[PDB]
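Opening notes on JDQ443 (bound form) bound to GTPase KRas, N-terminally processed.
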Amino acid sequence: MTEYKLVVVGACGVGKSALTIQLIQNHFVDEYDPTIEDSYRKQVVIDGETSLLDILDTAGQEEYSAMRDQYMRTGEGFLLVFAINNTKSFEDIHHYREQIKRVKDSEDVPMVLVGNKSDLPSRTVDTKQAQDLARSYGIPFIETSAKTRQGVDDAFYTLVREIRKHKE
Ligand SMILES: *CCC(=O)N1CC2(CC(n3nc(-c4ccc5c(cnn5C)c4)c(-c4c(Cl)c(C)cc5[nH]ncc45)c3C)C2)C1
Ligand SMILES: Nc1nc2c(ncn2[C@@H]2O[C@H](COP(=O)(O)OP(=O)(O)O)[C@@H](O)[C@H]2O)c(=O)[nH]1
Ligand SMILES: [Mg+2]
Ligand SMILES: [Mg+2]
């Protein structure tokens, strides 16, 4: 059984922990401690093929670390998470993709743009804007809500589809 290292990235408060805990434990966490960075395991079946996922939920300081370059380099696929009600989190997506590409020698890294908090009626990032950003990067765009669980499996499963294609 093939095992992949997934890394969830994005600005503080976008719902990285809430998305991950929904996928793993099937419940929505409000106010999860933003200093906790931890890895989770999950066996999934996608398109009739089993994969073991090792998901790293990034947290801690928004600072550079050679140690953090080392574990990001081991990542096979990345979720680029922003919140549809926070324009700054969306503008940050460019920096996250640039950062991942740097640590991985400019490889065409499997990534999926995730537009979280889709359950909120306080949108500031247009769907067209996020689709056009994913289009120029050549990656899928998935709209999620960690609160309602809408698109949670879609986001991680689509990243696994991208990793499978890249690995071919
Ligand atoms: C509220 C807590 C939380 O959820 N956080 C998510 C983060 C921001 C994440 N993050 N920041 C960087 C980063 C920050 C500054 C910086 C670099 C490089 N140079 N500078 C000044 C990177 C990273 C980061 C990434 Cl994405 C990668 C691929 C490699 C790397 N090496 N060192 C840092 C990083 C991340 C994940 C953490 C706070
Ligand atoms: N309404 C709504 N709230 C979310 C969603 N995802 C996360 N949140 C909330 O946003 C805040 C930050 O979430 P968290 O998972 O800690 O973000 P992280 O800092 O990126 O790990 C918390 O109050 C969460 O309950 C979502 O899809 N919808
Ligand atoms: Mg967190
Ligand atoms: Mg420090």
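Counting begins at 1 with the first residue of the sequence. Remember, it's 1-based here, ligands and their atoms both numbered in the order they're listed.
Tracing JDQ443 (bound form) through the model gives ligand 1. Using a 4.0 Å cutoff on heavy atoms, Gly10 counts as a contact of JDQ443 (bound form, ligand 1). Close N/O approach between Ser65 and JDQ443 (bound form, ligand 1) is found [any backbone or side-chain N/O within under 3.5 Å]. Ranking protein heavy atoms by distance to atom 16 (C) of JDQ443 (bound form, ligand 1), first place goes to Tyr64 N, 3.8 Å. Entry annotation: the source organism of chain A is Homo sapiens. For a threshold of 3.5 Å applied to N or O pairs, the pair formed by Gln99 and JDQ443 (bound form, ligand 1) contains no separation below that value. Atoms of JDQ443 (bound form, ligand 1) found under 4.0 Å from any heavy atom of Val103 (numbered from 1 in listed order, with element): 29 (C). By the criterion of a heavy-atom distance under 4.0 Å, both the backbone and the side chain of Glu62 are placed next to JDQ443 (bound form, ligand 1). Listed by number with element, the atoms of JDQ443 (bound form, ligand 1) under 4.0 Å from a non-hydrogen atom of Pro34 are 2 (C).
Ranking protein heavy atoms by distance to atom 29 (C) of JDQ443 (bound form, ligand 1), first place goes to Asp69 OD1, 3.5 Å.
With hydrogens left out, the protein atom closest to atom 4 (O) of JDQ443 (bound form, ligand 1) is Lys16 NZ, 3.0 Å, a heavy atom. Nearest protein neighbour of atom 38 (C) of JDQ443 (bound form, ligand 1), counting heavy atoms only, is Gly60 O, 3.4 Å. The shortest heavy-atom distance from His95 to JDQ443 (bound form, ligand 1) is not under 4.0 Å. Looking at JDQ443 (bound form, ligand 1), you won't find any N or O of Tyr96 less than 3.5 Å from one of its N or O atoms. In the deposited model, a covalent bond links JDQ443 (bound form, ligand 1) to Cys12 SG. Atom 12 (C) of JDQ443 (bound form, ligand 1) has as its closest protein heavy atom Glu63 O, 4.4 Å.
The heavy atom nearest to atom 1 (C) of JDQ443 (bound form, ligand 1), considering only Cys12, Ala59, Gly13, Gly75, is found in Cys12. Heavy atoms under 4.0 Å from JDQ443 (bound form, ligand 1) belong to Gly10, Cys12, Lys16, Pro34, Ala59, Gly60, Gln61, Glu62, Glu63, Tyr64, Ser65, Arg68, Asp69, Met72, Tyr96, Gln99, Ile100, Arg102, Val103.
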